[PDB]
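Next up: a structure with (S)-(-)-nicotine.
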Amino acid sequence: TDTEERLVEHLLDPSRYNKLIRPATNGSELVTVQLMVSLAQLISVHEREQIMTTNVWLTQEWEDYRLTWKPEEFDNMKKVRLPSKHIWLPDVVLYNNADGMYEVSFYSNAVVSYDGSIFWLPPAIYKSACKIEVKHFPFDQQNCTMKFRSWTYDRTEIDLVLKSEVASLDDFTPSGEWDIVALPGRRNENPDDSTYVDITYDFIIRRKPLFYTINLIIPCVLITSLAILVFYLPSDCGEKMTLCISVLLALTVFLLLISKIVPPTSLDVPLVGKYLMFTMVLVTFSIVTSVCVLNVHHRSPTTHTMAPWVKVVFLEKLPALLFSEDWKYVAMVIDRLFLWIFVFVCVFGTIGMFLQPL
Amino acid sequence: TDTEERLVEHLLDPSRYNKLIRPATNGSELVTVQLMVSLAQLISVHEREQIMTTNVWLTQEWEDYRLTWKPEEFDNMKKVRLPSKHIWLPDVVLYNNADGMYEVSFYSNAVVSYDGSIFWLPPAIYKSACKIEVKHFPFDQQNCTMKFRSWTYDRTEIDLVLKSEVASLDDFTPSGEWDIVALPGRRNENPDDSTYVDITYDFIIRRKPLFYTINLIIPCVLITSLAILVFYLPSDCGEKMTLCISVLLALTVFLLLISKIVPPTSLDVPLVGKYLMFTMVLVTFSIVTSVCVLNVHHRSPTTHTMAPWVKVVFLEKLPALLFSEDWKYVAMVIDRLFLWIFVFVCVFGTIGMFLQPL
Amino acid sequence: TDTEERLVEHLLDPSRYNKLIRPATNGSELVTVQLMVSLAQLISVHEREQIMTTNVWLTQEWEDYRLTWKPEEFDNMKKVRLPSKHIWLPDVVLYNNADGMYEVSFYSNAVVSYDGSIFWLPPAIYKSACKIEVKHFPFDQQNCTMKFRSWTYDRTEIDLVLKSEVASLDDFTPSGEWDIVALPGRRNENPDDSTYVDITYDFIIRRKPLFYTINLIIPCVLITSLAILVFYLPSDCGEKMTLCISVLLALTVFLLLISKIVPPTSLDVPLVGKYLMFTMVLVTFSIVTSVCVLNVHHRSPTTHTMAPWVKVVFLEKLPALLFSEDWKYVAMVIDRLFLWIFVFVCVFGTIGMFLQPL
Amino acid sequence: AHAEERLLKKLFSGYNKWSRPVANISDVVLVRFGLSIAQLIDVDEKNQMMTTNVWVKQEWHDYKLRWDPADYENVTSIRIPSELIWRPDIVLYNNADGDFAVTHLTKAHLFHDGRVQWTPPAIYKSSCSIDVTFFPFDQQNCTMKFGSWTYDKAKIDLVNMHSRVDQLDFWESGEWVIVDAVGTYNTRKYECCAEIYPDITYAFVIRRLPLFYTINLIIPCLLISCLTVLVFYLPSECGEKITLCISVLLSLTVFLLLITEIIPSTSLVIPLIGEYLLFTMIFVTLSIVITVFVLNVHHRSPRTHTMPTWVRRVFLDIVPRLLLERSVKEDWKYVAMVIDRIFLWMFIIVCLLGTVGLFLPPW
Amino acid sequence: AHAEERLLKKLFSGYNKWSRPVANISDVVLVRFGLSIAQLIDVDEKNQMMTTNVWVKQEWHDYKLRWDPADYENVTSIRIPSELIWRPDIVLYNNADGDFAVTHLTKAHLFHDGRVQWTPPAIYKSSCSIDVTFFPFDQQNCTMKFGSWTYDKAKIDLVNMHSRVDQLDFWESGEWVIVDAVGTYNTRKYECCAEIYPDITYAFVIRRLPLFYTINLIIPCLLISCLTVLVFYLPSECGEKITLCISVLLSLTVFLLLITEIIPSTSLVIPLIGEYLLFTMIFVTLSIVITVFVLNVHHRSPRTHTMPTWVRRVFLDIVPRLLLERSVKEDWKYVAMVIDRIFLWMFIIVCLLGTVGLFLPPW
Ligand SMILES: *[C@@H]1O[C@H](CO)[C@@H](O)[C@H](O)[C@H]1NC(C)=O
Ligand SMILES: *[C@@H]1O[C@H](CO)[C@@H](O)[C@H](O)[C@H]1NC(C)=O
Ligand SMILES: *[C@@H]1O[C@H](CO)[C@@H](O)[C@H](O)[C@H]1NC(C)=O
Ligand SMILES: *[C@@H]1O[C@H](CO)[C@@H](O)[C@H](O)[C@H]1NC(C)=O
Ligand SMILES: *[C@@H]1O[C@H](CO)[C@@H](O)[C@H](O)[C@H]1NC(C)=O
Ligand SMILES: CN1CCC[C@H]1c1cccnc1
Ligand SMILES: CN1CCC[C@H]1c1cccnc1
Ligand code: NA
C-alpha cells in the first residue's frame, strides 16, 4: 500500500509513460486485444424503435511492456489496480449505436499484473440497433447484432481476438419477455478505404408470446368470428347494420393498435396484421351486401319483381343452397347465399393464412 | 481595472486563500449564511408526476475575513466580482429533488465588498416534489415545498438565516395557471443522526379553475343530467337502451380522463371523480331497470299477469305516484316509480356531495 | 501565422491578461456592449407548453484596451481570432429560460481587431417562455419575448446597446407554421435591489391558419350544423335519439381535442372552444327536448290530452308557426316550435360570436 | 482557520489518491454501509424499473489522513472534497438507464484518527421484475445490488451498519407504503474472474395502496361486466338485443386494453384481472353469437321446418324443466324466449362460478 | 515507440493550437469534405426534423506538423488526439435541438508531410421542411448545411471529396430508401457580416417505402369512404338510414384526425389524402342532411300539401327521367325513393369525379 504508492508512481509518472502512445515492442509488431462480452440482463427490445438496450461488461485484455515490474522489487506485488483514464487502452467502441454512447459508461479501474498484462472490464448500457423482422407476431425470433471495433486503430497497429464464440451469460437475470436462444460471436475482416477488424455478437432472442397471445390475439380472434355472424341476423330486426358496423371498427382499432406496436417498416407485413386486414376487407364487403339485402326486402308496391330473377332466387337458388313475403324471401335467400360464400372463404382464408407459417 | 488585476491577484493567489477551507475567525465561531429566494416564474405544476418546476435566484450572503481589503490601498475599490468556483461558498443545495439537479445550475460570479461580505445569486431551475392533495378539483390549494440545506456542513460550522419570511416575487412573470396565494419560509431545527438546519419555503398556489371549469366540469355536468332523463323515454321507441348505454360510457370516459390528469395516489379521492363515479353507479343500476321495464312490456300471451301484482302497480301505485295495453301500462308505471326515486336520490346525492366542500 | 503565434502569445500570456477581470481604462469608466440578435429559423411554438424554441446568433460587441496591437509590429495583422473561453467576455445570458440553457451553445472563437475591438456571435438554441394569448384560434398573433441581460454586472460596470431595433432575419429559413410580423427590440431601465439593464426582443408571429382551418375548424363547423337538424327527423323513425347523442359526443370530442392543444391556462377562453362549448350546451338542451317530444308522441290510452293544452298546440301554435294522430301532431308541433327557436338562436349566436373578432 | 489550511497542506503534501490506503499489504479496508432512502419516485411497472433517491453512507479509514488535534487548535473533524481523497468504487450491479454510481461526489468528513465519512446523494434506476397478479393489491420485491467493482474481498469487505434501510428522512408521499426494507450481505465468485467479490443486496418490499386503481379501474369494469347476462333478459322484439351486447364487449376490451398498456408485458404470470376480463369477453362474444341465433329463428314462420320433437323439447319439455300466423309466429316467440332463459341460466350460473374462482385466493 | 513519444515531444514543444496554421498569411487552408452516413434513424415529419448518424471526414494540413520519417525509424502516420491540434470549426447551420458539431472529438491521423485526417462521428438533428402531398409516396429534400463559422473564404475554403455522400457503411434498415445524396458547394455573403463565407449543403433525397402506411392507413379509409353513397340505397323504413351515416362521418374524422397528428402541421401545402378525407366528410355531412330530409317528408300523409306539380315532378317526370291511407303514404314512399336515387346518382357521379381529381397527378 505504501509500496503500492511507490509502484504506481513509477508506472504512471509521465516521464516513463505516455498514455497518448500505444505500447508495442516493435512498431513492426502488432498489439492483440482479447474481447469477450458478458450479459448482465437484456433490458428492452423496442420493436417500434428498432433498439436493443442491454447492460454489458466487455472483458478487454492486452499487454503493455511499459507496465512491467519485479515483485521482489516492491513488497512482492503481483497485481495492481490503475485508473483506466491514465493508462493507454485500445479505443474499442460500438459501431452499432442508435442515439449511442459509443464508449462504455463507468470507466472502471484496470487490473494490471506484474508481467504487464492488463485486465479491463467496464460496465455499460448499450442501445444497439437491429432490423426487426416482424411477421409471425408475436412468435418471432430476432437476430440482433452489435459491432465492436477500435474506432482509432486499424488492422495494422491493433488486432482483435475472441476469448469465446458464445457471449457469457454468467450473471444474467433471466427474466425477460425474451428467451436467449443463441449468442454466438464472429470476427470479420474486409477492406474499406482502410483495412479494419469487426467483432460482431449475434443475440438471437425468442419472444415468450403468452402476453400478446392473450391480450392481442385472443380478442381479435374473438371479434373476427363475429364477421360472418352478421348475415344470420334477419333484416326485420333493423340491427343488421349495427352489428355490421360494430365489427369493422373493432378490427380497424386492433389493426391500428398493432400498427403502433410493430416498427413502421415496409420490409414485410406482420402476419397478424395481414390476416386482420384481409378479414377487415371481407367485412367491409360484407357491409355493402347487408345493405343490398335490405333494399330488396322492404318494398313491394310498383316493384319489378322480374320473374326470371324471382325464379332464380326463390325457385332455383333456394334448393341449390339447401341441397311481399316472397320479397322477404328473396332477401333471406340472397343473404344465405353470401353466408355460404363467407363461411367457405373465411375458413379457406385462415387455412391459407396458417399454411404459410406451417 | 489594472488595479483590479492587482486586487484579485492578492485575494485569489492560493498562498492567501484556500477555497477548500471555510473562513471563520475562530474554529469556535460559526459562519452564518443568509438565504432569500426569488421567483422569476412558476413554470409547471405536473399533478400526475407530483412535481413543481420553478426557475429561481437564491440570494446567498455571508462574510469572509480572508477577502477584506482597504479601498485606499487599491484605487478606492468598493466592490469586486469573483468567479464563484474559485472562492469558498456554503454548499447549499435542495433536499427535495425529483430527478434533481441538487445544486444551482450555472454558477454566476459573486459580488464581493471591501469588508469581506459576499453577495451571491445564481439562477437555477428546480424540480421540486410535493404531495398533491387532489379533492376539490379544480379549485384546489396546493401547499408545495422545497427544502434548502447545506449538504456538507451541519449546525456547527454553518448556520442559516432568512432575509425574509415571504419569498421575493420581484421579477415574476405572473401568467400561470396558478395564483401565488402566500409564499412563507420557515427555519427548522431538529436532531437526526447529526444536528442540522432546515430552510423550507412553502408555495401555496391556487389553481385558476376557469379552464377545467369549462372543458372538464361543464361537459360531465351536462352528461350527468342525461342519466335521469333515460326513463321518461317510452319503451316503444326502442331507444331506451341506446340512450342508457350512451350515458354510462361517456361518464366512464370522463372518469378515466380525470384519472390520467390526477396523480395516481391513494391519499384521497378527487371529489369530481367520487361524484362522477357515484352517478356512474346510479346509471349502471339505471341500465338494469331499463331492461327490466322492457321485458315487462313486450309480451302478453301465456303470461302470469298475476292480479295482486297488476292491482298493486296499475291500481295502487299509479295514484300513489300521481297523488296487453295494461301490460304497457305496468311498464310505464314501474318506470315512473324509479324515475321519482332517481330524481330524489340524484338531488339528495348532489346535496350530499356539495355539503362536504361547503 | 508564425507571427500570429507570436501575437497570440503576447495577448493571452496571463502575465498580460487576466480574463477574470473586466477591461476598462478607468474603474470610473464603464464598458458598453452592443447586442443584435439574428434568427436562423423559428423552430417550435409549443402552445401547450408555452415555449418558443429558436436557434439564434447574438452579435456581441465591445472593446478591450488589453487586446490592442500595432500592425506594423507584427506582419501588418489587422484581425485575429481568439478562443472565447480564454478572453474576457460580458456574461450576457437569457433571463427568460424554460428548462433553460442560460448561456450560448457553441462558444465560437471571437474576432478581434488590432484596435482592441471584439466581435463575437455564438450560435445557440433557446427555449423562451411566453404567455400564449389563445382567443382567435387559429388566426392569432403571439407577442413572444426573450430577455437578454448580463447575469454578473449591473448598470455600473457594463452598459448594453442595440445595433438595431428590429432583429436580423438575415439567414432565416422562412418555412414555419408562423409568419414573422414584426421583430422589435427595446432597451429597458429600472431599479430593483440594484440597477440593471434589460434588452428585450419581441417576436410577433402570425400563425398561418390553413392547417387548423382545415383539420380543426371545418369538421367541427360541419358537425355543429348537425345540431339543429336533429329536430326535423320524425319520432316514428326512433332515430331521433341516435342522431341527438351522436352530435353531442362528437362536439365534446372536438372540445377535448382542442383543450389538449391550447395551453391549459385560465387567462382567457379560446373563441373556438367558447363557441364549441356554447353549441354543446345547446345540443344537450336539445337532447332533453327530443326526449320530451317522444313521450308526448307514443301513448294515447288513459291520457289527459287536456283540451286547452291541445288547443294551444294544434289550433293556436300551428298557425302561429306556419304564419292519437292528434297526439302525433302535438309532438310534431312542440318539435317545430323549438326548431324555429334553435335556428334563430344558432344564427344569432354565431352572429354574436363573429361580431367579436370582426 | 489558518491552522485549517495548514492542516490541508500537511495532508496533501505527498498524498496519493490512487493508492489503496491501508497500513499492511494484506490488511483490508472495512467499508460500512448505511442506506438512507430520500424518496421513492417512479415504480414504472411496464418497464420493470424503479427510480429511487438515495444517500449512500460510506465509512472507511486512512492511516495517511491522521493528525494531532492539539497540534492544530483542537480541530478534529475537517470536511474535504471527496474528489481529492481515495474513494471506494461502490456501484450498482442492477442499474438500467442511469449512471452506475456517485455522480455528485459531495464532500466527506475526516476525523483526526483518519476515519472518513461520506454521505453523497444520487438517483438510481433499479430494474426489478414486476409480478402483476393481484392488481392493484400487489407487493413487489425490488432489489439494489451495491458492490465494489475492481476490489475483491481480499482488498475490500463490506459491512452493514444497519440491516434495515434508513427511512428517517424518507418522503412519505406516494401511492406506495414501504412494507420493509432489508439489507443482505452476500459474497460470490463471478465466472469471468478469479476472486470472490462481495455485495450488499438491498431488498425493498413495497405494497401498492390500491384505493386509486380500486376506484377508477376495478369498480367501473365490474359495473360494466354486470351487463353481460342482462342482454338475455331483454326481449327480442325491442330491437336492442345486440346494441347492449356490442357495448359490453367493446367497453370490456377498452378496459382490458387500458390495463394491458399499464401491465409489464411479461409472460411470467397472467394478470389476474386481465384473465377475468378476458373470460368475460369470451362469454360476451358467445352471448352475442347466441343472441343472434335467437333472433334468426325467432321471426319467420312461413316455410319453416318447426319439427315437433324440437318444439316439444322447448315449449312442452324445457319450459317447465327450467321453471322447476300467430299460432306459428308465437310458437317461435316462446321458443326463442326459452332458448333465451336457458342461456340466462347458463351464464348467471357460470358467471358466479368464474368469480368464485377469482376469489379463491381471498377465500 | 520511444521514437513515437519523442516525435510528440518535438511536435508539441512550441506548437500553438490557436494559430491559423499556414506558411503565408494570405495563403489558405484547403479543407476537404467526405460525408459518410452511418444510419438514418428518425425522420420525424411532425417536427420537420431528421436524426442522422454521420462521420465528417475532414482533411487539412500543417506546415508545423511535418517531420522526417527516416529520422524516426520510418514512422510516417501517427495518431494524435484532436483536442491538442488546431482544428477547423466545421458546424451545422441547420441544426435544431442539438449541439452544432464535433461533440466527440476523436483522434486524427498525421502524415509525415503534415497533412491531418479527421473522421469523427456525431449525431446530427437536421431540420428539413417536410412537403406532405402525395402521402405516403413522398420524396423529401432534407439538407445539412456544413460550413465554417469564424473563418471566411479568405482564410478557409471547403472542397468536395465526393459530390455524392458516402453510403458504403450505411445501415440499410429503415422505412426509407435513399434516392440520391448530393453535396453542393456554395458561397455567400451573410448580412450580419462583412466577408464571403462558404458552406457545403448536403441534400438527402429520400423516398418513403409506403407499404406500411398503405396497409394501415390508406386501405381502411378507402374501405370506409366506400360506404358514403351506400347510405342512400338503404330503405328509409329500416330505421338504419342515419346509423350508417354517423358511422361513416365519425370513422372518417378519426382517420383524418389520426393523419393530422402525424403530418407536420404546416400551411405550405394541403396533405392530399387529408383534402380527400375532408371532401368525403363534406359529402357525408351533406348526405346526412339530405338523408334526414328524406325521412321527414317520407312518413306522414295526413294534413300534407302533396302538391301535384311536385309529385308529378317526382313520380311522373323524374322517375323515368332517372331510369333513362296507402294512396298518399305510398306516394310519399316513392317520392322519398326518388329523391333518394336522384342523390345516389349525384353522389356516385361526383365521387368518381373527385377521385379523378385525386388521380389527376398520376394521370
Ligand atoms: C445473424 O445475423 C447476421 C445477419 O443477419 C447473419 O449474418 C448471421 O449469420 C446471423 N447469425 C446466426 C447465428 O443466425
Ligand atoms: C405547508 O407545508 C408544510 C409541509 O406540508 C407544512 O408543514 C406547513 O405547515 C404548511 N403550511 C401552510 C401555511 O399551509
Ligand atoms: C410585446 O410584449 C410585451 C409584453 O407582452 C409588451 O410589453 C410589448 O409592448 C409588446 N410589444 C409590441 C410591439 O407589441
Ligand atoms: C427478494 O428478492 C430476492 C431476489 O429477487 C430474493 O432472493 C429475496 O429472498 C427476496 N427477499 C424478500 C424479503 O422477499
Ligand atoms: C434540395 O434543396 C436545396 C435547398 O434546400 C436546393 O438548393 C437543392 O437544389 C435541392 N436539391 C434537390 C435534388 O432537390
Ligand atoms: C466484481 N466485478 C463484477 C464482475 C467482475 C468483477 C470485477 C473484477 C475485477 C475488476 N473489475 C470487475
Ligand atoms: C459564418 N458565420 C455564420 C453567420 C455569421 C458568420 C461569422 C462571421 C465571423 C465570425 N463568426 C461567424
Ligand atoms: Na354507437
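Convention: sequence-line order gives letters A, B, ...; per-chain numbering from 1. Counting starts at 1 for both ligands and their atoms, in listed order. Technique stated in the header: X-ray crystallography, 3.9 Å.
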query: Which parts of this structure should be attributed to (S)-(-)-nicotine?
result: ligands 6 and 7
message: So I'm looking at this entry - what's holding onto (S)-(-)-nicotine (ligand 6) the most? Name it the way it appears in UniProt, please.
response: Neuronal acetylcholine receptor subunit alpha-4
query: What are the letters of the other chains having a heavy atom under 4.0 Å from (S)-(-)-nicotine (ligand 6)?
result: A, D
query: In this deposit, what name belongs to chain A?
result: Neuronal acetylcholine receptor subunit beta-2
message: Could you tell me which of the UniProt transmembrane segments of chain D (from the N terminus) have a heavy atom under 4.0 Å from (S)-(-)-nicotine (ligand 6)?
response: none
